[PDB]
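Opening remarks: the structure here includes liothyronine.
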Amino acid sequence: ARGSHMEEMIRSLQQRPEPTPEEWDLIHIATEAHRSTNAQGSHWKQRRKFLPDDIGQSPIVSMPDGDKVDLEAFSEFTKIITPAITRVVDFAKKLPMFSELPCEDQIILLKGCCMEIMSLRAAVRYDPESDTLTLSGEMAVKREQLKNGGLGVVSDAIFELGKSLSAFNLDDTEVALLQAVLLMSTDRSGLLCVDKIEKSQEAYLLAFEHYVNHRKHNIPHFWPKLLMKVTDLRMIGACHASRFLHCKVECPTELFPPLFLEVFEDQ
Ligand SMILES: N[C@@H](Cc1cc(I)c(Oc2ccc(O)c(I)c2)c(I)c1)C(=O)O
């Protein structure tokens, strides 16, 4: 019927496929890679400081879509963006299927997912009571502030994602696997090792579907619902890439930290 008598008893309430031992090892590695690079781990809610409320209310630099930029808010956010980008690279480097790619492939994949991953890490720290996001576990920001400091409607999409993810009760492994599925994408141009990257994505997706089955979440249809959030995050990444091109047409390079320009000054 099954396996041994013990195995069937332990699996008695399981229906759905659980992770294999090899998937559990993949899951453990990705979870630890995320927790060792996710800032302020559990400490974030006490240790975050609100962005002063008089910053972000003065958008005066024009943009093509008519959502203007407040340069002082954009400066406060870019001031802390280089350590946050650096943690996404630290995370990817800790995944063996990423670190074994050619160096050129690893840079293309990191450029392709960086905003998706930093937006997910802000959105999972949405706080319903203050209606804020937390940036790098330290800066609490209101919708108006993040919208006027350069993101424009991107910030609304991240807040909407953050508010919707509260009911999903994601744990650190789910966040780490959504990050690995975002990272291991072949939807980018100029990759060499396409088949290998697709195979990794498929291994991460299936470990992730089996870990979701293991967790027995209390909202129904959890796995497709979570896939639809991955799609929302890729839309957020595309919106940000379009918006960042416009930033650079409008504003001088001196305002953009070198690593921020490198990861996104892109297509
Ligand atoms: N909160 C994340 C890091 C994180 C840091 C920052 I600054 C963010 O804001 C952005 C992002 C792109 C931009 O062009 C602008 I202007 C502001 C976001 I959204 C996320 C972490 O915990 O790693």
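All chain A residue numbers match the PDB entry; in order, they span 142-408. Remember, it's 1-based here, ligands and their atoms both numbered in the order they're listed. Keep in mind that the numbers below use all heavy atoms, side chains included, and drop hydrogens, waters and symmetry copies.
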In terms of chains or ligands, where should one look for liothyronine? ligand 1
If you rank chains by contacts with liothyronine, which one has the most, by name in the PDB entry? THRA protein
Is there any N or O on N179 that sits under 3.5 Å from an N or O of liothyronine? no
Heavy-atom distances under 4.0 Å decide this one: backbone, side chain, both or neither, for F405 against liothyronine? neither
Tell me which protein heavy atom sits closest to atom 11 (C) of liothyronine, plus the residue, atom name and distance to 0.1 Å. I222 CD1, 3.7 Å
Counting only heavy atoms closer than 4.0 Å, does liothyronine sit against the backbone of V229, its side chain, both, or neither? neither
Polar proximity liothyronine side, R228 side, N/O cut 3.5 Å exclusive: yes
If hydrogens are left out, which of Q181, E217, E279, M259 has an atom nearest to atom 4 (C) of liothyronine, that is, the closest non-hydrogen atom? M259
Could you tell me which organism the entry lists for chain A? Homo sapiens
Region of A225 that comes within reach of liothyronine [heavy atoms, distance under 4.0 Å]: side chain
Which atom of which residue carries a covalent bond to liothyronine, or is there none? none
